[PDB]
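A deposited model with chlorpromazine.
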Amino acid sequence: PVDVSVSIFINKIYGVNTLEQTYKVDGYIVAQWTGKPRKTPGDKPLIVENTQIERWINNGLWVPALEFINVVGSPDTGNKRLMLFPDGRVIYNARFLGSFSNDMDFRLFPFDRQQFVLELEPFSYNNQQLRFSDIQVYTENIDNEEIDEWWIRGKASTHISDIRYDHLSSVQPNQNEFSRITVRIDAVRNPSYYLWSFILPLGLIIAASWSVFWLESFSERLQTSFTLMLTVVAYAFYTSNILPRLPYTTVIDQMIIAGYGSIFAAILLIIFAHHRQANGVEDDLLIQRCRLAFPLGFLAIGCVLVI
Amino acid sequence: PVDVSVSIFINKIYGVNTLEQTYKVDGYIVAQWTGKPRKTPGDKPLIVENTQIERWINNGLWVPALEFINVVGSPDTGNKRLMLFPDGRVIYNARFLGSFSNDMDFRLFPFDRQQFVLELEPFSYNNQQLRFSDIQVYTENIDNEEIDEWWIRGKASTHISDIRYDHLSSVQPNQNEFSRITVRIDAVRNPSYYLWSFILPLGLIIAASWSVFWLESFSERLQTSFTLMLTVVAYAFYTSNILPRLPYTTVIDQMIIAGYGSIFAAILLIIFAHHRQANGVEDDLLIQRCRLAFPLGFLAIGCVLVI
Amino acid sequence: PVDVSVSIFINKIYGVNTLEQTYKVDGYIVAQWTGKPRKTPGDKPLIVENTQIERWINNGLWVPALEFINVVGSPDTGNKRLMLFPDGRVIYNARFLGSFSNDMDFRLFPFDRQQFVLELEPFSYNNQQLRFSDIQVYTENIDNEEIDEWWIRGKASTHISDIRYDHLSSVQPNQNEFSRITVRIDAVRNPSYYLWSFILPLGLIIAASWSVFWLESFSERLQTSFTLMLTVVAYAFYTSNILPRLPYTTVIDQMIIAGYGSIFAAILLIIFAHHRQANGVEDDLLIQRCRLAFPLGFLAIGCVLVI
Amino acid sequence: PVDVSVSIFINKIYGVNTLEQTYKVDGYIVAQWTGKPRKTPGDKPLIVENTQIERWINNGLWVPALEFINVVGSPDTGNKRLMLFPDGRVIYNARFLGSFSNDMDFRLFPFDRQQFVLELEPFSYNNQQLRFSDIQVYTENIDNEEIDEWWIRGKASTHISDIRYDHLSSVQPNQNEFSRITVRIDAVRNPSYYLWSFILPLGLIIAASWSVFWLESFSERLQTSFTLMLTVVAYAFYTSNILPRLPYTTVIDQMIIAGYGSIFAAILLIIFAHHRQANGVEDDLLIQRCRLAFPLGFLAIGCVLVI
Amino acid sequence: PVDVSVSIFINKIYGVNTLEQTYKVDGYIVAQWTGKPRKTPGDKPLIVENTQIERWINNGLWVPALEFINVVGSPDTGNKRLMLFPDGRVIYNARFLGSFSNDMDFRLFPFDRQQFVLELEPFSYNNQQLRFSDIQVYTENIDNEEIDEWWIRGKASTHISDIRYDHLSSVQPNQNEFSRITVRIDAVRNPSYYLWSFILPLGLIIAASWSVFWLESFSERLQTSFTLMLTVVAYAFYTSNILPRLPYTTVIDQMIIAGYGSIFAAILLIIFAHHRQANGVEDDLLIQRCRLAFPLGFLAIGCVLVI
Amino acid sequence: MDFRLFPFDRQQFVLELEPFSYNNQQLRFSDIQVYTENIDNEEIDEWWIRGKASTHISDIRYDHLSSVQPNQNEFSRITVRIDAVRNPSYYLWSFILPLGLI
Ligand SMILES: CN(C)CCCN1c2ccccc2Sc2ccc(Cl)cc21
Ligand SMILES: CN(C)CCCN1c2ccccc2Sc2ccc(Cl)cc21
Ligand SMILES: CN(C)CCCN1c2ccccc2Sc2ccc(Cl)cc21
Ligand SMILES: CN(C)CCCN1c2ccccc2Sc2ccc(Cl)cc21
Ligand SMILES: CN(C)CCCN1c2ccccc2Sc2ccc(Cl)cc21
Ligand SMILES: CN(C)CCCN1c2ccccc2Sc2ccc(Cl)cc21
């Protein structure tokens with residue numbers, strides 16, 4: 001029941017696809033397993049590069065297909081080599097680049113925590129078993145990820161479990177448990193760019209929105225309101241175009257509704273101030289001095305969005 | 001007249017293409033059919049992985065090409081294995097990723113009901129017949145589909161019918177019936193994001209549009225109208241850019257016309273109020289108090305949009 | 001001089017590319033031609049699927065390369081079969097998906113008439129001749145094409161002509177005429193979406209533009225003009241982004257200039273009204289009552305845009 | 001030292017890529033060269049289609065790899081045939097589609113002159129020499145290209161020169177000159193669409209910008225300026241999105257700065273008028289009558305942009 | 001321990017991908033290494049083109065797989081030839097096009113300095129050693145890079161170092177040092193386009209923003225502020241859409257915050273001016289004459305952004 | 001230096017640095033800082049530099065008496081090379097031309 005050692009060198013993780021819940025991983029994979037001894041030229045181990053490998057299989061060299069369970073579509077394989085040893089053992093080494101899938105919650109958008117994962121498992125073998133898994137990452141955190149998009153937190157999580165597959169296990173009674181290496185790296189999004197260039201401007205806009213109450217007239221207030229309205233619609237548009245498209249509301253996306261809100265509540269106040277009067281036309285004395293009472297009310301409701 | 005058992009494990013449905021009426025499906029397919037017994041090494045069944053399979057065909061192993069009738073372009077095949085059994089039976093197992101086509105009505109829009117479908121049928125065989133179909137989906141609904149885009153309603157819809165193809169059935173008299181497995185999954189779009197972030201803002205915009213009648217002057221009313229106009233055009237653009245492009249009007253798209261409408265109706269009243277007079281310049285007394293009569297008229301016309 | 005029968009099943013025409021003058025067509029092609037009789041296993045005709053076909057060619061089976069004259073780049077071929085008959089005749093059957101080219105005039109944009117076309121012709125044969133062509137389309141019109149983008153008018157246009165190719169016909173004296181099947185389907189664009197959601201809003205905008213003459217002041221008129229100016233630029237942008245990019249002016253694109261026009265003519269009038277006077281400042285009495293004379297002049301010029 | 005005749009049929013030139021300086025060309029290529037006579041079936045020349053060609057090379061048929069020096073990435077080869085003649089001569093014929101590169105100056109912009117080019121040269125042969133080159137285009141100019149994007153001026157430029165490659169010419173002393181066919185067709189951009197739909201609207205906007213001086217007040221003038229400012233920013237955005245992205249300023253791009261300029265110059269004037277006075281607040285009498293002096297100054301500076 | 005000479009002809013570097021930190025490089029690679037002498041037809045060296053090469057390996061011709069360490073996905077190989085010499089030496093010559101990865105700091109932005117890099121290294125050989133590396137670039141700078149996006153500063157830079165790979169070096173004791181050629185070209189971004197068309201317009205906008213202090217009223221000042229606000233949001237959108245997307249703030253991106261800043265500070269002053277008074281309503285005399293004190297304060301803070 | 005195209009030269013000025021007695025002491029990275037400008041003042045100056053920065057840092061074999069120390073005789077050599085063009089003004093304006101007239 002073959003023991004297989006596996007090593008995964010991860011070279012680059014890039015191009016998240018928020019909508020498809022998808023990321024790209026470039027790296028090498030290495031499998032090692034000891035077979036029946038053989039005679040090699042010299043006694044040096046033998047090297048078999050690319051095209052030559054498939055020919056060695058036509059002569060009964062077994063090389064197991066190891067599938068990336070969580071890759072979306074067959075990956076781009078660059079180079080592959082076999083290392084056939086005189087004492088039997090065999091090393092398969094190949095570089096890969098593949099788009100891998102995992103569940104990704106982006107609802108806390110500019111402040112994400114994500115988990116990029118590789119799942120390896122033999123394509124047709126249940127008593128060929130993954131001996132031990134080793135993942136070699138060569139980076140550093142917190143560091144260059146001001147230039148880079150993501151903050152890795154954890155280093156190395158491995159598993160190597162057994163998968164059941166209870167469906168048509170009568171196709172082969174008593175044996176349908178496959179050996180699955182699971183590799184998972186934890187990462188955090190770099191919330192600098194999105195605050196310094198999206199969160200902050202929106203707040204200033206929402207703040208300056210409240211300055212509508214320091215307009216003297218009423219016509220001034222209500223008319224100006226509509227310009228604020230436009231300002232948000234403009235800023236929502238700017239937001240939507242550049243930010244990653246999703247099927248839920250992000251934190252930024254919530255703040256954008258808060259804008260739409262404060263402004264439309266202003267209009268109501270601005271108008272109800274006018275027509276809650278003692279005569280026909282007296283703006284209600286205290287009410288349009290919600291000048292430093294809208295900011296408080298907004299900030300109070302902006303402390304329950306957090307919890 | 002060969003019996004073929006089929007099983008389809010569905011791994012992920014993603015990337016709808018509203019314009020092309022198209023979706024992507026990643027999963028495995030398994031075919032089982034009993035052939036002339038053979039000697040396998042040992043008596044254990046024989047495994048034939050990838051490249052090796054095509055070689056077994058060159059020696060007279062028959063393996064039927066099973067076509068995805070409704071796939072748009074030949075799909076990406078990842079790994080394939082044969083399981084040759086000593087008692088004859090044979091298992092073809094392969095992972096696929098393909099862009100599939102089906103009719104899709106998106107007119108409702110953010111409140112969709114769609115039907116993702118697979119159609120399998122042998123490419124050149126009419127008395128080789130699909131024994132039974134089993135589809136294995138491993139998800140859950142109503143559930144994680146706040147993080148996910150779609151709400152599946154049904155689980156398992158199957159078909160296994162006979163297709164006629166009456167065109168040049170004299171090419172082979174009396175026999176042109178192909179066995180077609182049809183698999184169809186029902187799903188609902190998640191109408192959260194689009195309400196919370198598109199429907200609602202537009203309503204507020206349309207609502208605040210009506211507040212034009214609470215402007216005192218006429219110049220104030222008529223001038224402000226044009227800013228409301230701009231506000232809709234802005235919001236139509238924002239809408240159009242982010243939402244899926246289609247060749248018909250969505251619900252949102254109608255609401256956008258309702259905006260364009262109310263605002264232009266306002267303009268007419270606002271102006272007709274001014275010149276429907278007893279003197280040269282008297283704004284008509286009751287009319288510019290359609291303040292809480294436009295909201296009713298719009299809302300009345302917005303309850304016949306539903307039925 | 002070989003006779004070849006051809007039939008073309010058209011499964012889907014999708015993804016027009018206005019700039020490249022290009023459309024996508026998914027379907028099957030079948031060629032039939034009678035060769036030297038042969039012995040098949042049993043007496044049942046022999047089936048040769050995919051990879052196996054190329055092997056049968058290495059043994060001297062002639063299978064002509066049929067080229068799609070007007071396909072842009074070699075198409076995606078999915079499955080192919082040979083049907084070798086004991087009495088000689090041979091059937092080639094294969095599914096294709098390809099991006100095809102044809103001349104396409106889009107100057108009447110939302111109200112198009114187009115002609116989607118396939119041109120088939122053998123790649124190296126002049127006395128192998130296309131016997132008869134049959135095209136099998138299974139749709140219906142006027143019908144589901146509210147859900148679908150296009151309205152097919154004609155059904156079946158076929159040709160099968162002979163192409164001259166007079167360049168280096170001394171490479172082979174007296175014989176350079178190739179047999180070219182021409183298939184062409186006529187279709188009309190569904191002008192609903194573009195009217196109900198683009199043409200109409202623009203008209204309301206242009207209409208409301210004229211309401212500028214019902215402003216009392218001159219400062220009111222001239223200033224408001226600049227907001228109208230903004231509105232068109234906004235609406236031009238919205239138009240351009242969503243509509244298909246082209247190298248000529250569409251109908252919509254002209255109407256957008258008509259907007260740009262009426263508004264800039266207003267400014268001139270609005271200003272010329274102010275200074276075409278008897279005293280220093282008298283707005284010319286009749287002129288700023290081109291209130292219901294710009295609409296007529298615009299509508300008069302909008303009845304010569306048609307013829 | 002083999003003589004090779006070449007003919008290039010150009011079927012379609014489409015999809016310019018302004019940033020990459022890149023275009024697509026679909027067409028056929030034909031190479032002819034006389035070899036050692038051979039026995040053909042019959043005495044009719046022998047036809048060898050596609051896959052079969054590579055098999056004939058395995059038996060010592062020499063077929064020179066002809067490289068497209070200026071193609072970006074190996075091109076899409078559609079169909080290929082050999083024509084083996086009994087008298088020796090051999091004809092290679094294949095259809096190609098490839099993305100070709102050339103230096104492209106887009107600074108003029110909507111009034112471009114460009115030169116689309118093919119450069120052919122053998123990949124490993126210096127005394128195999130391109131006998132004569134022939135290019136077959138079947139179009140017409142001026143004519144259609146109101147429907148088409150480009151105006152071809154010249155017809156046929158050919159070269160067939162010798163390339164030096166002085167780098168490691170000691171790898172093979174005395175012989176490193178390769179025979180290079182050069183084909184180049186000259187074309188002009190169709191400056192209708194961009195004038196009628198971009199150039200023109202911008203001028204009207206810039207013109208209407210100047211009408212700011214016919215506002216009576218000063219507050220009217222200065223405030224309106226900012227709407228003009230917004231108006232340009234709006235139109236700059238519209239321009240940028242639709243027009244081809246570049247790393248230099250186009251003519252349109254300059255015109256857009258001219259807008260930004262006149263409007264900001266207006267602001268300066270409008271304000272300097274107010275505070276260049278004999279009292280505290282007297283708008284300078286002649287200066288705010290730069291009404292028909294800004295138009296002249298702009299048009300004067302717009303006649304030195306040309307030379 | 002094989003000596004390998006390498007030459008790299010670089011034809012074109014294009015299509016930077018700011019987000020993925022990625023660039024495209026098309027060129028040829030040449031490897032030369034002297035093997036056991038052989039008999040060639042004639043005594044002329046033998047040429048082996050494309051497909052024929054792979055056949056020569058099946059007969060024991062060793063051709064080392066040389067990997068591009070920093071290429072993202074296996075590159076597009078166009079044509080390849082072997083030049084087998086009678087005296088043993090062998091030349092591998094092939095054209096490639098590949099997307100290569102390198103670290104790229106885009107924070108400066110329109111005034112970038114970048115370093116485009118190739119890393120070549122044998123895929124399975126440590127005592128096969130890269131003798132010497134030669135890179136052939138044929139351009140000129142400062143020069144056409146007004147038409148071209150980038151200004152190359154340096155010419156060459158080579159390395160040829162030894163890489164350790166200390167992970168599972170017990171797989172082969174005492175020998176795991178691979179020979180890596182490193183090529184790096186230095187380049188500068190051409191900051192003309194981004195200054196002349198982005199930096200400048202923004203400044204004029206920000207400058208004209210300050211002209212808000214020369215408005216007479218207070219209602220005029222505060223209301224106009226909101227139009228300036230809109231103007232920046234507009235310009236941010238325009239900026240964001242066209243400029244390369246990044247995960248950090250560019251220089252332009254900072255300037256956009258400076259706009260958002262000055263305008264919101266204006267609002268505060270404009271409002272604080274009104275209610276820092278001796279009576280109920282006296283605008284503070286000196287303060288609203290920060291007319292030529294905001295420009296200075298902004299320019300003072302804009303000289304600490306540099307250092 | 002090839003001077004056969006004299007008044008119209010292209011030359012390559014080069015530095016080669018390498019440790020005098022060390023093979024596993026290795027030149028980590030090389031950086032060369034030139035502070036000039038071209039085409040420019042080189043009407044006053046004799047030469048026109050074209051390229052800026054060429055570096056190498058290779059390993060030199062020295063296969064002669066490598067048994068003096070078996071298995072280790074590869075020295076780390078920085079190579080720096082600058083490309084330059086001769087200023088063909090003076091020699092044309094004052095030599096080429098007069099001779100043609102003659
Ligand atoms: C600043 N350094 C974190 C840069 C590394 C960025 N990189 C990455 C990118 C996007 C999402 C997640 C990751 S994690 C990761 C794990 C291994 C390796 Cl080799 C690279 C990465
Ligand atoms: C929403 N949760 C049910 C998650 C499922 C998302 N996913 C999906 C996406 C778009 C449209 C339809 C579906 S159904 C489906 C069926 C099987 C699998 Cl494996 C994935 C999916
Ligand atoms: C609207 N119903 C006619 C549905 C068909 C639409 N479809 C189509 C799409 C884009 C452009 C032209 C066409 S025509 C056509 C011809 C044959 C077939 Cl099989 C499909 C199509
Ligand atoms: C009607 N005529 C304008 C046709 C020319 C259009 N087409 C083209 C497109 C973009 C850039 C350059 C060209 S030139 C050209 C040369 C040969 C052929 Cl076959 C087509 C073209
Ligand atoms: C003015 N000419 C130097 C243009 C250089 C543009 N091009 C380039 C593009 C993007 C990043 C780096 C470079 S460098 C380079 C090196 C060789 C060649 Cl062939 C082209 C380039
Ligand atoms: C116009 N500038 C090129 C003047 C430089 C002349 N100078 C020089 C002289 C003879 C041959 C080559 C050079 S290059 C060079 C590189 C660096 C420095 Cl610091 C001086 C020089």
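Chain identifiers are assigned alphabetically (A, B, ...) following the order of the sequence lines, protein sequences preceding nucleic acid strands; residue numbering begins at 1 within each chain. What you see below is based on every heavy atom in this structure, not just the backbone, and it leaves out hydrogens, waters and symmetry mates. Read the numbers this way: they start at 1 and go in the same order the structure lists the ligands and their atoms. Determination method: X-ray crystallography, 3.6 Å. Excerpt of entry shown; contacts counted in excerpt.
Lab note: most contacts to chlorpromazine (ligand 2) come from the chain the PDB entry lists as Gamma-aminobutyric-acid receptor subunit beta-1. Other chains whose heavy atoms approach chlorpromazine (ligand 2) within less than 4.0 Å: B.
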